[PDB]
Amino acid sequence: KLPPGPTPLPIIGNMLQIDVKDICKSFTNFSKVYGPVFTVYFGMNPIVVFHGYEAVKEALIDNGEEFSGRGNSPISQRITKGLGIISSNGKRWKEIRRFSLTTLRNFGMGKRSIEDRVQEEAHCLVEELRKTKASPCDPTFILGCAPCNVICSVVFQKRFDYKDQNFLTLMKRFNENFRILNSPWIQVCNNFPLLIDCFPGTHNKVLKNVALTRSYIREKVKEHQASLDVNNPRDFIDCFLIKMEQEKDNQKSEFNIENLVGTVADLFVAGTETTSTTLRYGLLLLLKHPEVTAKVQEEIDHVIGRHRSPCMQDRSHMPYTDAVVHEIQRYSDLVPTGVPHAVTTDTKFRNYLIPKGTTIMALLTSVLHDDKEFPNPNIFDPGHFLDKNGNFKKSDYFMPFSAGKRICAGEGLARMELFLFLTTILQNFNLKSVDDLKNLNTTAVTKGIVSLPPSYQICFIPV
Ligand code: HEM
Ligand SMILES: CC1=C(/C=C/C(C)=C\C=C\C(C)=C\C(=O)O)C(C)(C)CCC1
Ligand SMILES: CC1=C(/C=C/C(C)=C\C=C\C(C)=C\C(=O)O)C(C)(C)CCC1
Ligand SMILES: CCCCCCCCCCCCCCCC(=O)O
């Protein structure tokens, strides 16, 4: 028996009872009436939601093996075709995600570490902010390049010149497609496929952007295979090709070109817009909270100094800054409803039974905003991650990357980009607003699977 929930309508389920513009608002509201676990229907499809740390943990963690599946929706099926790591299941997923995790270790890609590739970008990042000559600007674009280049640097040999036209279009397609798919419309179309016909232009655009993007990713593999030296890998591509060669004999090996071009793409899409969005939400919060930013700058000066680039080792000596990066992710609440899962088999969740294949949703927001774990969860405060003596306080409720067997595969890289970008920037700059900080609103604009910070201007004044 499925978890109780609003009784649905004959064809559209509870659709005309949910705010497609702000789903969490609708879900939280259902929890006040149905409790921690409940069922809602998007059209014909049943979806069971988990609200609050207890339900979310029990699902993703305790009953982790059951809730580690990807549902495979209509839109989803014509893009990734089940290829890769974000949209794959079973044997193929376990093998691509184990390899990926292994090669995304700081030193899993040959001699140059991931950390070195990220520091180089942070430098180029501050270098671009210099070119704004301290005038007011919207950091969306420059701030969106760095995280893109990081991936480029991780899957290809060298990074791109910010002005390298080949980099720019390779960035717009991913952005363009990201904008398209982070619309409340993908929900409607995903549960009512027929509606997709009403959007030929949009549908054609996505397809084209995916063709060009994959097409370019396949070229970079051509080149890589003609210069491969199995002894010294250069990036994610080499590490994959080497693995391929080692599996060349068993013809049912998941390590084939298709999963490669697919996995690389998964890295871009899951790794660009996300950290890029968290960074942008971060500078805004530091721009609005000068008291927090000075304290951070005081740790940089003391531990890192002003001549050398910061590095991950500096975090263990900077509990305040770390707490600021942790509170930036909690507050920004990038992915409130979390990404949907599907159960691998008939599953008994405490008192109920969830049939295999059913779509599941663990509301990360409900954890990131638990008002017992983070007193006054609606206010930005590094203190939520600091104890009485100013030491870093970790929380089991810190799930901006989700939890369980499907936790973000590049969590290590997300945090490295956040730490090294924010501290490098705050070491060479101070944040000035063109107007009183009081005017500055921090309320996210939630209109899709991914929340964005409100638009804003910011002046990067060199210290
Ligand atoms: C601050 C930035 C980021 C945040 C908040 C974030 C968050 C998440 C979340 C919420 C998920 C879904 C977990 C689930 O299915 O339950 C996820 C998945 C994933 N992330 Fe990230 N992510 C970020 C950046 C990165 C980066 C930089 C990469 C790549 C190098 C990446 C790689 C992926 C991949 C491949 C998955 C799918 C994993 C799977 O289904 O097995 N992410 N991340
Ligand atoms: C990984 C990931 C993302 C992208 C998802 C992609 C490319 C496919 C999802 C397919 C699903 C969720 C299929 C299903 O189960 O029906 C977004 C950028 C939103 C946010 C951060 C984590
Ligand atoms: C499409 C899609 C979704 C949204 C993902 C987002 C926000 C961006 C995707 C970008 C891609 C798929 C880019 C590319 O590969 O070019 C969700 C998870 C709600 C459900 C399954 C279908
Ligand atoms: C200031 C400009 C006002 C004009 C507002 C026009 C609003 C209509 C928008 C229609 C969008 C439909 C897009 C369909 C795209 C497709 O073919 O898939």
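Going by the PDB entry, the residues shown for chain A are 28-490, listed in order. In listed order, ligands and their atoms are each counted from 1. Going by what the header records, the deposited coordinates were determined by X-ray crystallography, 2.6 Å. These values consider heavy atoms only, across backbone and side chains, with no hydrogens, waters or symmetry-generated copies.
The drug placed at ligand 2 in this model is 9-cis-retinoic acid. Most-contacted chain for 9-cis-retinoic acid (ligand 2) in this structure, per UniProt: Cytochrome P450 2C8.
Protein heavy atom in closest approach to atom 18 (C) of 9-cis-retinoic acid (ligand 2): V296 O, 3.8 Å. Residue contacts with 9-cis-retinoic acid (ligand 2): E300 is excluded, as none of its non-hydrogen atoms falls under 4.0 Å.
According to UniProt's substrate-binding annotation of chain A, the residues with a heavy atom under 4.0 Å from 9-cis-retinoic acid (ligand 2) are as follows: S100.
From the protein, the heavy atom lying nearest to atom 17 (C) of 9-cis-retinoic acid (ligand 2) is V477 CG2, 4.6 Å. Ranking the protein heavy atoms by distance from atom 11 (C) of 9-cis-retinoic acid (ligand 2) puts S103 OG, 4.1 Å first. Nearest-residue assignment for atom 22 (C) of 9-cis-retinoic acid (ligand 2) (options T302, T386, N116, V366; heavy-atom criterion): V366.
In terms of protein heavy-atom proximity, atom 20 (C) of 9-cis-retinoic acid (ligand 2) is nearest to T301 CG2, 3.9 Å. By the deposit information, the source of chain A is Homo sapiens.
Evaluated by nearest non-hydrogen atom to atom 4 (C) of 9-cis-retinoic acid (ligand 2), the leading choice among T299, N217, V362, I113 is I113. Considering only non-hydrogen protein atoms, atom 15 (O) of 9-cis-retinoic acid (ligand 2) sits nearest to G98 N, 2.6 Å. In terms of protein heavy-atom proximity, atom 14 (C) of 9-cis-retinoic acid (ligand 2) is nearest to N99 N, 3.3 Å.
Closest to atom 2 (C) of 9-cis-retinoic acid (ligand 2) by heavy atom, among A436, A297, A441, is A297.
Counting heavy atoms within 4.0 Å, the binding site of 9-cis-retinoic acid (ligand 2) comprises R97, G98, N99, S100, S103, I113, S114, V296, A297, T301, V366, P367, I476.
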Starting from the N and O atoms of 9-cis-retinoic acid (ligand 2), collect every protein N/O partner closer than 3.5 Å and put each pair on its own line with the distance to 0.1 Å.
residue, atom, partner, partner atom, Å
9-cis-retinoic acid (ligand 2), 15 (O), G98, N, 2.6
9-cis-retinoic acid (ligand 2), 15 (O), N99, N, 3.4
9-cis-retinoic acid (ligand 2), 16 (O), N99, N, 3.1
9-cis-retinoic acid (ligand 2), 16 (O), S100, N, 3.3

